[PDB]
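Structure follows of ritonavir associated with Protease.
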Protein chains: 2
Amino acid sequence: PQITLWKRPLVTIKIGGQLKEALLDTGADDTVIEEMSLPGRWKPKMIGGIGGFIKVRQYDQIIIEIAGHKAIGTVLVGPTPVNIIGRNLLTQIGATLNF
Amino acid sequence: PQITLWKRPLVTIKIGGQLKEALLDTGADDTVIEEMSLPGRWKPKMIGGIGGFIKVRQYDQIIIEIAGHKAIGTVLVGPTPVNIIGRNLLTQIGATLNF
Ligand SMILES: CC(C)c1nc(CN(C)C(=O)N[C@H](C(=O)N[C@@H](Cc2ccccc2)C[C@H](O)[C@H](Cc2ccccc2)NC(=O)OCc2cncs2)C(C)C)cs1
Ligand code: NA
Ligand code: NA
């Protein structure tokens, strides 16, 4: 598919047995998901955005479907106002930026 | 070009006649450049993301070249951690996401 950028590039994702909306974000190294009760072990992490750092929980080998494309990798869970799909997962679904 | 996402999608920009490196960022509504001297009039604004808000200088109708492509639009200047080209200018250069 092709997604234009006139509006936020939001797609449906499936994670943890739940459907959510998330932003395909070429400017994010990592994938940040809103607070959700994922099972199993995690590692504390802090990640930085434009206004400073927040605390998140790092979960590895998490299965996530992005716009119908299966992916598996690390997901950072914490208090974000928007779910962000970063390059660690965008590469797995073969996403490019084109102009 | 077609840009893949195994590395950050950094390109060279020209702004105010000066070369800089910036990130092509589909998860950003706006374009935010590090503190610099820039010709044009500006007004104070705040912009937010992960971590909260920062104070910036809003410059409208600024000429910028992004990887060799021309855009003319709003540039926010302030203490961003990285130079970000957001959707307001990615649309101008005809960028899309594809997978
Ligand atoms: C839900 C609602 C609040 C929203 N508002 C928006 C519109 N807004 C404010 C933004 O687009 N704001 C932008 C932004 O930070 N976007 C973000 C998504 C977001 C949006 C709103 C609230 C929280 C996160 C998404 C952006 O790709 C930023 C860009 C960035 C890159 C490196 C360093 C600093 C920043 N990426 C990150 O947040 O993580 C970046 C990581 C840091 N180092 C490597 S990757 C820019 C202005 C920079 C979208 S959703
Ligand atoms: Na959708
Ligand atoms: Na860095």
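Chains are designated A, B, ... according to the position of each sequence line. Residues displayed in chain A correspond, in order, to the PDB entry positions 1-99. Here the PDB entry sets the residue numbers for chain B, with the shown residues being 1-99 in order. Per the header: X-ray crystallography, 1.1 Å. Reckoned from all heavy atoms, side chains included, excluding hydrogens, waters and symmetry mates. We count ligands from 1, going down the list as the structure has it; atoms in each ligand are counted the same way.
- The location of ritonavir, copies and all, is ligand 1.
- Every other chain with a heavy atom under 4.0 Å from ritonavir is listed here: A, B.
- Between B/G27 and ritonavir, at least one pair of N/O atoms sits closer than 3.5 Å.
- Taking a cut-off of under 4.0 Å to the non-hydrogen atoms of B/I84, the atoms of ritonavir that pass are 29 (C), 30 (C), 35 (C), 48 (C).
- The source species given by the entry for chain B is Human immunodeficiency virus 1.
- Atoms of ritonavir found under 4.0 Å from any heavy atom of A/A28, numbered from 1 in the order shown, are 45 (S).
- Contact annotation for A/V82 and ritonavir: only side-chain heavy atoms (C-beta onward) come within less than 4.0 Å of the ligand.
- Within a 4.0 Å radius of atom 37 (C) of ritonavir, the protein has no heavy atom.
- Counting the atoms of ritonavir from 1 in the order shown, those under 4.0 Å from a heavy atom of B/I47 are 47 (C).
- Distances from atom 45 (S) of ritonavir to the heavy atoms of A/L10, B/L24, A/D29, B/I50 put A/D29 nearest.
- Under 4.0 angstrom from ritonavir, the non-hydrogen atoms of B/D25 all belong to its side chain.
- Looking only at protein heavy atoms, the nearest one to atom 4 (C) of ritonavir is A/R8 NH1, 3.9 Å.
- Counting atoms of ritonavir from 1 in the listed order, those under 4.0 Å from a heavy atom of A/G49 are 34 (C).
- The shortest separation from a heavy atom of B/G86 to ritonavir is not under 4.0 Å, leaving the residue out of contact.
- In this structure, the binding site of ritonavir at 4.0 Å (heavy atoms) is formed by A/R8, A/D25, A/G27, A/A28, A/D29, A/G48, A/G49, A/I50, A/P81, A/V82, A/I84, B/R8, B/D25, B/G27, B/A28, B/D29, B/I47, B/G48, B/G49, B/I50, B/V82, B/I84.
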